[PDB]
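Structure, as structure tokens:
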Amino acid sequence: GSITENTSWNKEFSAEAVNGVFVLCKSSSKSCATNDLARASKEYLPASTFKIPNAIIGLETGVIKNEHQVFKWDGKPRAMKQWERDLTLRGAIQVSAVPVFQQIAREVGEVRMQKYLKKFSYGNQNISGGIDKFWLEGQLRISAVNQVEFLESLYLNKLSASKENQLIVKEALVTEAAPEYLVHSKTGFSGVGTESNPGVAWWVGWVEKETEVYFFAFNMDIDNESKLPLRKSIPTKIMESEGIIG
Amino acid sequence: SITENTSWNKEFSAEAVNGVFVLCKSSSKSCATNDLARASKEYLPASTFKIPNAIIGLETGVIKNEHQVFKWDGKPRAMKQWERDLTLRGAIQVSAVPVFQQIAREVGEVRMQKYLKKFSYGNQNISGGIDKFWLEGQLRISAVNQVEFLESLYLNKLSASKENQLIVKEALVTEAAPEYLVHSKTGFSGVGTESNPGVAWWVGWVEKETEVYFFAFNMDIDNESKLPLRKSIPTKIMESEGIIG
Ligand SMILES: *C(=O)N1C[C@H](NOS(=O)(=O)O)CC[C@H]1C(N)=O
Ligand SMILES: *C(=O)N1C[C@H](NOS(=O)(=O)O)CC[C@H]1C(N)=O
Ligand SMILES: [Co+2]
Ligand SMILES: [Co+2]
Ligand SMILES: [Co+2]
Ligand SMILES: [Co+2]
């Protein structure tokens with residue numbers, strides 16, 4: 001239950017000219033560290049990181065039938081070629097297939113979505129802006145601190161959802177496996193916004209490493225899609241320098 | 001049905017290996033293999049037994065839960081990598097025999113036998129010692145039966161809770177890529193003799209796109225320098241089929 005500033009991590013930000021924040025917490029000690037306490041508490045559009053709660057809610061409400069649900073490509077055109085295919089839950093999460101999750105949100109509906117975001121203490125819990133886009137271009141905002149809190153509850157199966165559904169979503173979030181560690185993670189990208197009002201990019205997740213568990217959340221301002229790989233490379237370098245991965 | 005594909009034998013002959021690969025797309029109703037007879041021949045499971053043993057441990061409550069830590073008592077263990085506290089995935093991935101020996105002891109013979117019958121797990125023969133039957137006893141399982149067992153696990157159709165099946169499934173993840181997850185487990189009984197060799201295993205499944213592939217590899221082994229072939233031969237076969245890599 002603590003947080004401390006460590007401004008030395010700022011070196012990885014300054015080298016790439018990035019304005020952003022990294023939050024890293026050790027589960028055993030309940031201790032977090034961040035480069036920027038102020039930005040750690042600033043709230044941004046979750047963008048595709050919202051697929052985590054949306055998946056849990058989808059399963060809870062029965063909108064997603066089960067773990068082996070296939071989301072069929074009806075076949076019409078879409079915004080990315082990688083979305084123009086049948087997808088599993090992991091596939092739809094991993095490729096961040098927006099129309100899949102828009103449909104899930106519509107079927108859940110506003111009253112149930114609101115209820116679950118309250119139960120999950122998910123950001124400002126403001127779902128105004130259209131049920132199928134509040135997380136991408138609406139009023140919903142969440143901080144890096146809140147993302148770590150949320151992911152810890154998921155890891156511990158302490159969200160207000162079945163253990164089974166929490167487990168389903170956890171496996172779908174596995175992005176790297178090594179003999180000494182598993183990484184569960186999710187990216188997000190709201191867009192380039194304006195040069196005055198940039199978009200946000202995220203990488204959030206946790207690392208199960210020996211007997212320790214490290215929860216993390218990264219975000220940064222972004223106004224050019226060329227910068228998007230920094231959302232993984234900055235926190236990856238940090239975690240490598242801490243000995244957690246790599 | 002099981003259908004022979006003798007073209008796969010290339011990857012075996014090249015390394016002078018006597019073994020079998022069984023690969024099934026979608027389900028175990030139809031599998032392909034290099035060797036029809038060896039596909040159904042039964043061998044000691046060795047560390048592949050950690051999969052049922054983990055499920056049974058959770059079902060019985062011996063493993064309290066998903067976040068169970070298996071504490072090291074500080075006494076010598078046969079590998080240094082085992083001389084530390086371990087999570088369930090840790091104990092599976094480093095193949096920490098003593099952790100699983102203790103699980104087995106606590107499960108006990110009666111419950112062990114009950115669950116191996118429920119799982120249709122090989123010859124279901126657990127005799128000769130509760131903490132070593134899968135290591136040096138009479139238990140035997142084929143590559144075909146490993147595929148069936150893993151398919152049941154994937155489908156949550158084993159006689160165990162969905163939760164416990166999901167726990168063990170995640171603990172088996174060994175490779176993650178954007179297009180696929182591999183769940184798998186290795187095993188190695190030992191070298192025995194040139195006349196009576198040990199057995200090496202790699203078993204698992206690949207979740208790819210909207211397809212699933214179940215697999216099981218075993219080979220005779222009498223020299224530990226050959227052990228990496230247990231992964232490389234089936235990996236090469238699956239790479240040529242476009243399933244991984
Ligand atoms: C989520 O952020 N989105 C869906 C999809 N993938 O983005 S990610 O790779 O950054 O996770 C396309 C971009 C984005 C969106 N909704 O605009
Ligand atoms: C399982 O077969 N064993 C335990 C440990 N790891 O096994 S693996 O690498 O073959 O998966 C060492 C080898 C073997 C054993 N019992 O000695
Ligand atoms: Co409901
Ligand atoms: Co995990
Ligand atoms: Co043979
Ligand atoms: Co899986």
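Chain letters run A, B, ... following the sequence lines, proteins first and then strands; every chain starts at 1. The figures here come from the full heavy-atom set of this structure, side chains too, leaving out hydrogens, waters and symmetry mates. Heads up, header says this was done by X-ray crystallography, 1.7 Å. Indexing begins at 1, ligand by ligand and atom by atom, following the structure's order.
As for ligand 1, the drug there is avibactam (bound form).
In the deposited model, most contacts to avibactam (bound form, ligand 1) involve the chain that UniProt calls Beta-lactamase OXA-10. Going by heavy atoms, the other chains that come closer than 4.0 Å to avibactam (bound form, ligand 1) are A. Contact annotation for A:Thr187 and avibactam (bound form, ligand 1): heavy atoms of both the backbone and the side chain come within less than 4.0 Å of the ligand. Nearest-residue assignment for atom 3 (N) of avibactam (bound form, ligand 1) (options A:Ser48, A:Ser190, A:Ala47, A:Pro46; heavy-atom criterion): A:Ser48. Proximity of A:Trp83 to avibactam (bound form, ligand 1) is established by a heavy-atom distance of less than 4.0 Å.
With respect to covalent bonding, the partner of avibactam (bound form, ligand 1) is A:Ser48 OG. Result: the UniProt active-site residue of chain A nearest to avibactam (bound form, ligand 1), with minimum heavy-atom distance to 1 Å, is A:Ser48, 1 Å. The protein heavy-atom contact nearest to atom 17 (O) of avibactam (bound form, ligand 1) is A:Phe189 O, 3.5 Å.
Near A:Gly188, meaning under 4.0 Å from one of its heavy atoms, avibactam (bound form, ligand 1) places the atoms 2 (O), 10 (O), 11 (O). Counting protein heavy atoms only, atom 9 (O) of avibactam (bound form, ligand 1) is closest to A:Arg231 NH2, 3.1 Å. Counting only non-hydrogen atoms, the residues of chain A annotated by UniProt as beta-lactam-binding that lie closer than 4.0 Å to avibactam (bound form, ligand 1) amount to A:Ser96, A:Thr187, A:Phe189, A:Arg231. Those atoms of avibactam (bound form, ligand 1) that come under 4.0 Å of a heavy atom in A:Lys186, given as number and element, are 11 (O). Nearest to atom 16 (N) of avibactam (bound form, ligand 1) by heavy-atom distance, out of A:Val200, A:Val98, A:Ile93, A:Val95, is A:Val98. In summary, the atoms of avibactam (bound form, ligand 1) found under 4.0 Å from a heavy atom of A:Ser96, numbered by their order in the structure, are 4 (C), 5 (C), 6 (N), 7 (O), 8 (S), 11 (O).
Heavy atoms within 4.0 Å of avibactam (bound form, ligand 1) belong to A:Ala47, A:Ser48, A:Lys51, A:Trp83, A:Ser96, A:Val98, A:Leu136, A:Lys186, A:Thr187, A:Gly188, A:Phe189, A:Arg231.
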